[PDB]
Q: 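There's a structure below that I have some questions on.
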Amino acid sequence: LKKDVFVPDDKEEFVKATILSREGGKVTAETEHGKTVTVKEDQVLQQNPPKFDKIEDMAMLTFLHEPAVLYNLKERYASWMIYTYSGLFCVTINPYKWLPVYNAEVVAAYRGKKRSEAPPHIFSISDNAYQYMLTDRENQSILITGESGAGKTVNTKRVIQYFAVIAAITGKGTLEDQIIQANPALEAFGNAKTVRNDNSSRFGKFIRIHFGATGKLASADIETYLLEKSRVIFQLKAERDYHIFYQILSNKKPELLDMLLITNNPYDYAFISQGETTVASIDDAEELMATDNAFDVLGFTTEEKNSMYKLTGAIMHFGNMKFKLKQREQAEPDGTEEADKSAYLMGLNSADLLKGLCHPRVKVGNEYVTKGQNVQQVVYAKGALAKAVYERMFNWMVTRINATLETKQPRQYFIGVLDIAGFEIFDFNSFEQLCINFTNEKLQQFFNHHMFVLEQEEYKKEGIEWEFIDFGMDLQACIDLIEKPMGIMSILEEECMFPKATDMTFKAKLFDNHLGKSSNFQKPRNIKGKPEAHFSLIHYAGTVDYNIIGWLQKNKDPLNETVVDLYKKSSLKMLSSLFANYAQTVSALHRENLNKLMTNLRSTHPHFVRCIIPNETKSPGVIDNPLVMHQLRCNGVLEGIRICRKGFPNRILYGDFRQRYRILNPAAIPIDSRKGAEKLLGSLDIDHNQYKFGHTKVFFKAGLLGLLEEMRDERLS
Ligand SMILES: Nc1ncnc2c1ncn2[C@@H]1O[C@H](COP(=O)(O)OP(=O)(O)O)[C@@H](O)[C@H]1O
Ligand SMILES: CCc1nc(-c2ccc3c(c2)CC[C@H]3NC(=O)c2cnn(C)c2)no1
Ligand code: VO4
Ligand SMILES: [Mg+2]
């Protein structure tokens, strides 16, 4: 009835209510919690009829507003219906539990199904991108958005699983078996426990799934972006180092502990035990087996696996190396056991490593001079080297996985799946958090441009009568602040080329250029107990307080080139190969990666999947209404649905239209492909307002095409 509505609520955003009376521009209502409320007319939103309950596509709702969307999602989620269409894109809510929706019977049933003839699913997104790839002969992209913990990695792995299982119907196993095992292997080394996610991705990735001209699974490749090197040697209070360290220490493979000359205790290793060492949801012993098996399935040799294990163990001993001041400021080893162990594993000479660390060489023409190092300088250098070998080993692994994923099958098109590290806010936000949050901001803007800009531009260039709608979805100001010349990165990069520059001159340069000048740049909110911040940035998903200490060193990433030389001359083949090519700042590389990805993505047909984290307590089935609403708001879910309802989501070239639908009325076209389409459409018993004629394509309102498709099925049968 007109009695069933939604009213704004302080704690739950919106609550259901029954209108009791209407007077003086005000509505009196009882809120389905029993509260009797009086609100203004403009605040009361209509409930959709029971026939629209748990609707699969929210673009079909009679009333479209925030609580209509929120409650449709909540009701579907309560029935463990975790995917929902929102116009031409999909929304998914993290169930925080295994559901029986991803088995091989489910994958087989989705094969070739049109979006509307199957329930909302990641398999349907995957299949429909495959159908467009073969129909349009163009590359596709599956762009999975969300904050840390929302389910991007899970959905990425489900898209891969779909094509590998479909295909099933240079290593140990088949291409299908190897594509499935790539992620367990990368995750042991590139994922870690943070406060928001027990298995947080500490690298971004773009996986291309290659197909031949006829659509047969040909190959796959992975590109990874800026692994969080700092985690190797440093952890905040409620986080862990990379999974692998704890997987090895689990003692599930006693032969590994012996080979690496390590104990079973993570607290004996300084680099890996600054935060937490166990995760309730993770069995590190079983995970070690899964990692080891993944390397086998990917055709890694025993020599390649043992070298990765040895280098992981050597990083552990490297962190335990003690230094003291030389009695007379110059540092000297305070023991040699830990260096001897790490040198043995790294195929180096212990005495050479220690002398290279304390006394690095400075080139003076064709002569050299030893540079002095204090204890702080040595422990910094020792940390920088450990990060470099780890990151280089991870990059080597990705290259090695790619080599096995290369088959002798030709490639025509691909479906690329993007899985970035999601938006996050820690108590301490450093350079990593800026790089991560800037990527999320860029990916949201890619969505805004595609959905709101390119869409309305398409109507304009095709001569469709259209009034431009400003959806309030434009992040160009914040993006420009971070990436354009004289922005945050540009200033950091410039401060990098100055020897007298400090964290405070870089801070001063940021303030002098942007405080009260750039709207998205603000002064921070520092609270008692919580860490100190230097500036705050207004991102799409919230304001983030950034601490700029160490950003100049983080951006330059300097290495002791004397011990890098020793790595190059190592008797361990892998270590020498890791530093073989050793001779840009990390922000310049980040901007380059992003620019390259964004231009390459505009040459693909994108498919958006919006992952939503339901709560902060990893609780299955519980919705924190303000947290879901915030994510739907900053994602532009409502606006994205509005353009599907207000605009013309489908369009077909006249020639392709005349061909496919002549069967609906052959007497109409027994003449030009446009005249044919015009006479064909005009002769059919449809709402002639549901379509518009453009310069090259016929444009359709949501629903007209499906009806035309039903009509084509009836006639062929
Ligand atoms: N569809 C899903 N089904 C089951 N568990 C899921 C699903 N999506 C996410 N999860 C859970 O949420 C956690 C965080 O999800 P993940 O995909 O790693 O997030 P992110 O977006 O940070 O990459 C996972 O470890 C898993 O326990
Ligand atoms: C280009 C598309 C893209 N970038 C990413 C990404 C970008 C940065 C980072 C992470 C992911 C997850 C970890 C973080 N790393 C750093 O900040 C960082 C800082 N110093 N180094 C060496 C790395 N995902 O997707
Ligand atoms: O927790 V995440 O995988 O989004 O980084
Ligand atoms: Mg992830």
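Numbering, chain A: per the PDB entry, residues 33-201, 211-369, 371-625, 645-731, 736-782 in sequence. In each ligand, atom 1 is the first atom listed, and ligand 1 is the first ligand listed.
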Q: What drug do the PDB records list at ligand 2?
A: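 Recorded as aficamten.
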Q: Which polymer chain has more close contacts with aficamten (ligand 2) than any other, using its name in the PDB entry?
A: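 It is most in contact with Myosin-7.
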Q: Would you indicate which of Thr646, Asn656, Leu655, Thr265 comes nearest to atom 1 (C) of aficamten (ligand 2) when only heavy atoms are counted?
A: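 That would be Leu655.
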Q: For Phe247, which part has a heavy atom under 4.0 Å from aficamten (ligand 2): side chain, backbone, both, or neither?
A: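 For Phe247, no heavy atom sits under 4.0 Å from aficamten (ligand 2).
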Q: Below a 4.0 angstrom heavy-atom separation, can you tell me which part of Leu476, side chain or backbone, both or neither, approaches aficamten (ligand 2)?
A: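 The answer is neither.
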Q: Within the 4.0 Å heavy-atom shell around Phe473, which atoms of aficamten (ligand 2) are there?
A: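 Those of aficamten (ligand 2) that fall under 4.0 Å from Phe473 are 19 (C), 20 (N).
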Q: Specify side chain, backbone, both or neither for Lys270, according to which of its non-hydrogen atoms lie closer than 4.0 Å to aficamten (ligand 2).
A: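 Side chain only.
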Q: Which UniProt domain of chain A holds most of the residues in contact with aficamten (ligand 2)?
A: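 Per UniProt, it's Myosin motor.
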Q: With a heavy-atom distance limit of 4.0 Å, tell me whether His651 approaches aficamten (ligand 2) through its side chain, its backbone, both, or neither.
A: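 The side chain, only.
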Q: Considering the heavy atoms of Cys477, write down every atom of aficamten (ligand 2) situated less than 4.0 Å from one of them.
A: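 Near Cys477, meaning under 4.0 Å from one of its heavy atoms, aficamten (ligand 2) has 8 (C), 17 (O).
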Q: Nearest protein heavy-atom contact for atom 3 (C) of aficamten (ligand 2): which residue, which atom, what distance?
A: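 For atom 3 (C) of aficamten (ligand 2), the nearest protein heavy atom comes out as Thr481 CG2, 3.5 Å.
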Q: State which residues of chain A, listed by UniProt as binding ATP, have a non-hydrogen atom closer than 4.0 Å to aficamten (ligand 2).
A: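 A heavy atom under 4.0 Å occurs in no UniProt residue.
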Q: Could you help me figure out which residues touch aficamten (ligand 2) at a heavy-atom cut-off of 4.0 Å?
A: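 On a heavy-atom basis, the binding site is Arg243, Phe244, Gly245, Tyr266, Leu267, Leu268, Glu269, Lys270, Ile462, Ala463, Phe473, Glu474, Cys477, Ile478, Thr481, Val647, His651, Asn654, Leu655, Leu658.
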Q: Pairs under 3.5 angstrom, nitrogen or oxygen on both sides, aficamten (ligand 2) versus protein: list them out, please.
A:
from	atom 1	to	atom 2	distance (Å)
aficamten (ligand 2)	15 (N)	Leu267	O	2.9
aficamten (ligand 2)	17 (O)	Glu474	O	3.2

